[PDB]
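Here's the structure, in structure tokens; my notes come after.
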2 protein chains.
Amino acid sequence: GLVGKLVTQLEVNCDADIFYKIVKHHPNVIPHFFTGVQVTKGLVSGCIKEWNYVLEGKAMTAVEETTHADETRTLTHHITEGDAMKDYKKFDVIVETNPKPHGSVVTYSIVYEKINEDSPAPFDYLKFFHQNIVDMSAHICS
Amino acid sequence: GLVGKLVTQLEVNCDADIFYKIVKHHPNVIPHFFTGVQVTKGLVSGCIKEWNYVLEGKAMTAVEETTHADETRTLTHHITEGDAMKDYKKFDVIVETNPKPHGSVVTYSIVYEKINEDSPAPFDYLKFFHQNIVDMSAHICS
Ligand SMILES: COc1ccc(Cc2nccc3cc(OC)c(OC)cc23)cc1OC
Ligand SMILES: COc1ccc(Cc2nccc3cc(OC)c(OC)cc23)cc1OC
């Protein structure tokens, strides 16, 4: 099948709702910048960004639309164009934060559909997003 | 947190129960061998294997105990010793096969606890297990 999902899940010592608000509004362990716009539904609900970035040494671009759901503490990043779309027909990244039954569990999911069987699965992106949330989490404390 | 999980999930065009039986009883895109024993509860329920294998060029060993649950089509591989335990206090690999709401969805989950913050997350194992189930799946058809 061309269809799959990669996940990295990490425990964080931080209340879920506060951690979601931190991630929602938040650096450069990678060369990167973006231009773009915010989206409203007159309050900002999301954004559309064109990113320029370097992954594993290679410069790339991507157009990303981000939406959020405060009730479920979920952020959704929907990629519509760029280098990744040479490999994937569909590429979405869903970030979920839930309390432990303390602190919380953060899940990054990359939901993808390959263009064909020769396409790689997005382990490079999984590692990138993983190291990004590890770094962010290591700059927060009690 | 030192605690996390990595997942790779793939769709396969194959009934779930049959695919589980295939995985349960099943090669060498990696240098590897094992010695070990089978476990009974007088019917074999599992196995305990000492593996010798090469991952990303480096020879390694691991002691693995495998159990299965036919009712949930789940295989559990519990690592008790070897090279990975220099990095992880706990390392388990859970393989689940479920029908799509056709064919099925296979999930490999690596549930880990790092020894300390300097330990890597097991992306190397995730890619290995991923490429192994992709290869196996590509030798099955209608
Ligand atoms: C091709 O895949 C992507 C490429 C870039 C992004 C951009 C992005 N979104 C959220 C957080 C990010 C965090 C980043 O690091 C700070 C970053 O640098 C490239 C890009 C980020 C998202 C992507 O997937 C949603
Ligand atoms: C350190 O982690 C492991 C190392 C080796 C294994 C051994 C193993 N179990 C199941 C399927 C396997 C499939 C393999 O490839 C055919 C293989 O080669 C190293 C080892 C396998 C399992 C492991 O985790 C469960």
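The alphabet sets the chain names here, A first, running in the order the sequence lines are given. Using the numbering of the PDB entry, the residues shown for chain A are 8-33, 37-51, 54-113, 116-156, in order. Numbering of chain B is taken from the PDB entry, so the residues present carry the numbers 8-33, 37-51, 54-113, 116-156, in order. One-based numbering, in listed order, for ligands and for the atoms of each.
The compound at ligand 2, a drug or drug candidate, is named papaverine. By contact count, the main macromolecule holding papaverine (ligand 2) here is known in the PDB entry as Pathogenesis Related 10-10 protein.
Other chains whose heavy atoms approach papaverine (ligand 2) within less than 4.0 Å: B.
Residues touching papaverine (ligand 2) within 4.0 Å, heavy atoms only: B/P37, B/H42, B/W63, B/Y65, B/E76, B/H89, B/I91, B/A96, B/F103, B/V105, B/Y139, B/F142, B/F143, B/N146.
Close contacts of papaverine (ligand 2) with B/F103, meaning ligand atoms under 4.0 Å from a residue heavy atom, involve 1 (C), 2 (O), 24 (O).
Every atom of papaverine (ligand 2) is numbered from 1 in the order shown, and the set under 4.0 Å from a heavy atom of B/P37 is 15 (O), 16 (C). Residue, atom and distance of the protein heavy atom nearest to atom 3 (C) of papaverine (ligand 2) are B/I91 CD1, 3.9 Å. Residue B/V105 has at least one heavy-atom neighbour below 4.0 Å for each of these atoms of papaverine (ligand 2): 24 (O), 25 (C). If you number the atoms of papaverine (ligand 2) from 1 as listed, the ones under 4.0 Å from a heavy atom of B/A96 come out as 1 (C). When each atom of papaverine (ligand 2) is checked for a heavy atom of B/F143 under 4.0 Å away, the hits are 22 (C), 23 (C), 24 (O). The protein non-hydrogen atom at the shortest distance from atom 5 (C) of papaverine (ligand 2) is B/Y65 CE2, 4.1 Å. Contact annotation for atom 14 (C) of papaverine (ligand 2): protein present (non-hydrogen atoms, distance under 4.0 Å).
The distance from papaverine (ligand 2) to the heavy atoms of B/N146 drops below 4.0 Å at these ligand atoms: 15 (O), 16 (C). For papaverine (ligand 2) and B/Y139, the ligand atoms under 4.0 Å from any heavy atom of the residue are 1 (C), 2 (O).
Less than 4.0 Å from papaverine (ligand 2) sit no other ligands or ions. With respect to atom 17 (C) of papaverine (ligand 2), the closest heavy atom belonging to the protein is B/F142 CZ, 3.4 Å. In the vicinity of B/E76, heavy-atom distances shorter than 4.0 Å reach the papaverine (ligand 2) atoms 6 (C), 7 (C), 8 (C), 9 (N), 10 (C), 22 (C), 25 (C).
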Please tabulate, one line per pair, the protein nitrogen or oxygen atoms found under 3.5 angstrom from a nitrogen or oxygen of papaverine (ligand 2), with distances to 0.1 Å, or say none if there are no such pairs.
residue	atom	partner	partner atom	Å
papaverine (ligand 2)	9 (N)	B/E76	OE2	2.7
papaverine (ligand 2)	15 (O)	B/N146	OD1	3.4

